[PDB]
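Structure follows of forodesine associated with Nucleoside 2-deoxyribosyltransferase.
Naming: A, B, ... by sequence-line order, numbering from 1 per chain. Remember, it's 1-based here, ligands and their atoms both numbered in the order they're listed. The way this entry was determined, per its header, is X-ray crystallography, 2.5 Å. Values below: all heavy atoms of this structure, side chains included; hydrogens, waters and symmetry mates excluded.
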Amino acid sequence: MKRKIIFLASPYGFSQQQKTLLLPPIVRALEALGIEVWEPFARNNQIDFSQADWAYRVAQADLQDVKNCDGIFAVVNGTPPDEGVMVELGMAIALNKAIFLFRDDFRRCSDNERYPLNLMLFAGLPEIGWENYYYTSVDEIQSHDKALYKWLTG
Amino acid sequence: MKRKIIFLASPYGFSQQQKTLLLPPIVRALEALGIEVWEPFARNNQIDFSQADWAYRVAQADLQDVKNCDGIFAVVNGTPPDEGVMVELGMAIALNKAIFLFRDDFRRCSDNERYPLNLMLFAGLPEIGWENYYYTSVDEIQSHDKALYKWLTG
Amino acid sequence: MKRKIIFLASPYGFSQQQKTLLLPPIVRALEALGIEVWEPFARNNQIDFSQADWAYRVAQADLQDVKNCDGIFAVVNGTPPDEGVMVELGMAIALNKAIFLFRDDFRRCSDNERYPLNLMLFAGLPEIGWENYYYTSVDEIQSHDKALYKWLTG
Amino acid sequence: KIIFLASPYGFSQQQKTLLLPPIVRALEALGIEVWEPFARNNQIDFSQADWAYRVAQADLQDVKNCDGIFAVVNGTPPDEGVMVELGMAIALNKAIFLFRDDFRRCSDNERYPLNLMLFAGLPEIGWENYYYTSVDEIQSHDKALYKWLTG
Ligand SMILES: O=c1[nH]cnc2c([C@@H]3N[C@H](CO)[C@@H](O)[C@H]3O)c[nH]c12
Ligand SMILES: O=c1[nH]cnc2c([C@@H]3N[C@H](CO)[C@@H](O)[C@H]3O)c[nH]c12
């Protein structure tokens with residue numbers, strides 16, 4: 001028995017209130033599906049401005065977590081999405097990880113008409129049916145008709 | 001020198017004035033080193049708001065050029081850096097491509113004291129000496145003492 | 001039972017989870033100081049992409065509330081802070097309103113070294129002791145040693 | 001007669017020397033005395049802690065003493081200092097002119113290409129006459145900046 005591993009990428013650890021109120025409900029949503037959630041702010045233990053001697057080790061721990069996970073769950077909220085989440089999203093695409101995006105932000109920050117965001121954030125997703133991997137609410141995370149559930153059971 | 005391939009990832013194509021006045025001087029500086037420059041805005045015909053039936057091909061073209069290149073020259077100006085540049089930069093790190101960063105913007109948009117930006121942008125760079133890969137002037141691109149020159153002669 | 005009015009500018013209404021979990025604790029902390037809180041998302045019914053005919057109404061509602069308040073409490077989280085918050089902040093500075101800033105985000109997104117953000121966000125604040133108007137935690141709003149309590153006590 | 005040119009173009013050394021002068025020339029060609037803050041305040045590098053407040057009050061007084069603002073609202077999202085100086089110009093009833101040649105959309109609505117609060121000082125109808133999408137439109141006679149000088 002080995003549960004699937006999801007790297008939960010988000011900018012929510014940068015804010016004290018967001019870290020304590022927004023991440024735990026998302027973590028619970030994924031693990032009600034049996035997932036082992038790798039949350040980088042708690043794992044790599046970054047709670048304030050990372051010191052000069054600590055910044056490389058945090059980057060390497062996030063680099064290694066992306067290499068050793070099965071899928072990424074990228075909170076792509078904000079205008080624009082957080083640049084650290086994007087670096088790790090591109091690493092997950094190049095390494096053929098399962099890709100899932102989350103944005104409950106109704107603002108559109110896009111360079112095209114087909115996607116709500118920059119089109120490169122969707123390069124790792126199919127041309128038709130990418131919306132199945134695009135979650136717009138925390139309640140939607142556990143939908144048995146969406147891609148994350150079908151990736152665990154399929 | 002070897003005629004290496006550089007993928008020039010930048011947001012300068014989104015603005016009419018920047019595509020005309022800012023991108024050509026950077027392309028000329030890279031070509032002055034004997035580099036084959038893959039500039040995606042002209043190489044993939046990203047002229048304006050990408051149509052819906054065209055966005056998936058623009059994404060996959062950027063993705064293929066990152067896979068088939070030798071290195072990436074990421075213009076990481078802005079607060080924060082462009083999310084499309086950040087995705088393409090994440091792909092290059094995971095594919096073990098050469099990494100070179102460009103920022104002549106003097107604003108600091110960082111989460112740490114070591115690096116001037118989010119530390120994940122430097123994950124593919126060495127712990128010591130990453131400054132040699134970090135360019136803060138167009139004129140600094142053709143310096144022998146910087147990593148892009150040494151990369152060509154090795 | 002005279003009661004000072006504070007306009008609470010934040011980007012938190014753009015995300016479903018942020019509007020539900022982050023704003024109520026902040027409104028609570030202000031109301032516990034006897035403050036009267038005008039919250040634009042609650043007052044304007046802006047719950048998704050505003051219609052074309054509805055967008056100008058929202059614009060004039062955010063505008064009149066700033067003009068008729070006694071002070072603004074600006075949530076200036078994010079890299080960079082929300083541009084609508086920044087417009088409403090400059091209005092309050094221009095109208096000699098009381099200014100209070102909130103940021104529990106530890107990222108530095110600044111053009112200088114004195115302030116943790118762009119220097120113009122502190123133009124309406126004193127050159128010395130501006131930190132007294134700068135809140136970095138929800139638990140800090142109650143502090144009688146900080147400028148919000150003092151502004152309420154004359 | 002006086003336009004304050006709010007832009008983030010002074011933050012990049014390449015952008016300050018290549019992008020701002022062409023915009024300054026067009027505004028002056030219409031007959032406007034341009035107030036460019038990065039040059040007017042002769043400061044362009046991570047402002048010394050002892051200088052940052054002075055730079056803030058200098059531009060704060062420039063928006064108070066100008067006749068209108070020309071705000072380069074390019075980028076996703078637009079620069080925060082530009083937006084602060086914009087909201088001041090709106091509260092002080094100054095003339096409002098916006099410039100965005102960036103073809104990316106970053107709005108919270110459908111009518112306006114950006115956050116609807118950048119257009120609070122513009123009319124509900126015909127706000128697009130104040131919205132410039134290219135440098136070769138600054139000198140357009142059918143646009144609000146020329147009509148603003150002709151009474
Ligand atoms: O200071 C930090 N501490 C921990 N993780 C990160 C990261 C990585 N990038 C993402 C946020 O930028 C986050 O999900 C994490 O994997 C950037 N900066 C920090
Ligand atoms: O180095 C500077 N010199 C002059 N003004 C500014 C500012 C002020 N804030 C705004 C930031 O874009 C800018 O347009 C100007 O009004 C920031 N940095 C500088």
Q) Judged by heavy atoms, which other chains are less than 4.0 Å from forodesine (ligand 2)? A) C, D
(Q) Out of all atoms in forodesine (ligand 2), which are within 4.0 Å of some heavy atom of C/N118? Include the element for each. (A) 9 (N), 11 (C)
(Q) Please list, in number order, the atoms of forodesine (ligand 2) under 4.0 Å from a heavy atom of C/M120. (A) 8 (C), 9 (N)
(Q) Heavy atom to atom 12 (O) of forodesine (ligand 2), shortest distance: which of D/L5, C/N112, D/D79 holds it? (A) D/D79
Q) What protein heavy atom sits nearest atom 15 (C) of forodesine (ligand 2), and how far off is it? A) D/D59 OD2, 3.1 Å
Q: Would you mind listing which atoms of forodesine (ligand 2) come within a distance below 4.0 Å of any non-hydrogen atom of C/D111?
A: 17 (C), 18 (N)
(Q) Under a 4.0 angstrom heavy-atom cut-off, which atoms of forodesine (ligand 2) come close to D/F38? (A) 1 (O), 2 (C), 3 (N), 4 (C), 18 (N), 19 (C)
Q. Side chain or backbone of D/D45 under 4.0 Å from forodesine (ligand 2), or both, or neither, by non-hydrogen atoms?
A. neither
Q) Backbone, side chain, both or neither: what part of D/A56 comes under 4.0 angstrom of forodesine (ligand 2), heavy atoms only? A) neither
Q. Does the entry name an organism for chain D, and if so, which one?
A. Chroococcidiopsis thermalis PCC 7203
Q. What part of D/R40, side chain from CB on, backbone N/CA/C/O, both or neither, has a heavy atom under 4.0 Å from forodesine (ligand 2)?
A. neither
Q: Provide the residues lining forodesine (ligand 2) within 4.0 Å, heavy atoms only.
A: C/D111, C/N118, C/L119, C/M120, D/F4, D/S7, D/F11, D/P37, D/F38, D/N41, D/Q43, D/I44, D/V55, D/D59, D/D79, D/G81, D/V82, D/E85
Note every protein N or O atom lying under 3.5 Å from an N or O atom of forodesine (ligand 2), pairing the names and giving the distance.
| residue | atom | partner | partner atom | Å |
| --- | --- | --- | --- | --- |
| forodesine (ligand 2) | 1 (O) | D/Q43 | O | 2.7 |
| forodesine (ligand 2) | 3 (N) | D/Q43 | O | 2.9 |
| forodesine (ligand 2) | 5 (N) | D/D59 | OD2 | 2.9 |
| forodesine (ligand 2) | 9 (N) | D/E85 | OE2 | 3.0 |
| forodesine (ligand 2) | 12 (O) | D/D79 | OD2 | 2.8 |
| forodesine (ligand 2) | 14 (O) | D/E85 | OE1 | 3.3 |
| forodesine (ligand 2) | 16 (O) | D/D59 | OD2 | 3.0 |
| forodesine (ligand 2) | 16 (O) | D/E85 | OE1 | 2.9 |
| forodesine (ligand 2) | 16 (O) | D/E85 | OE2 | 2.5 |
| forodesine (ligand 2) | 18 (N) | C/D111 | OD2 | 3.2 |

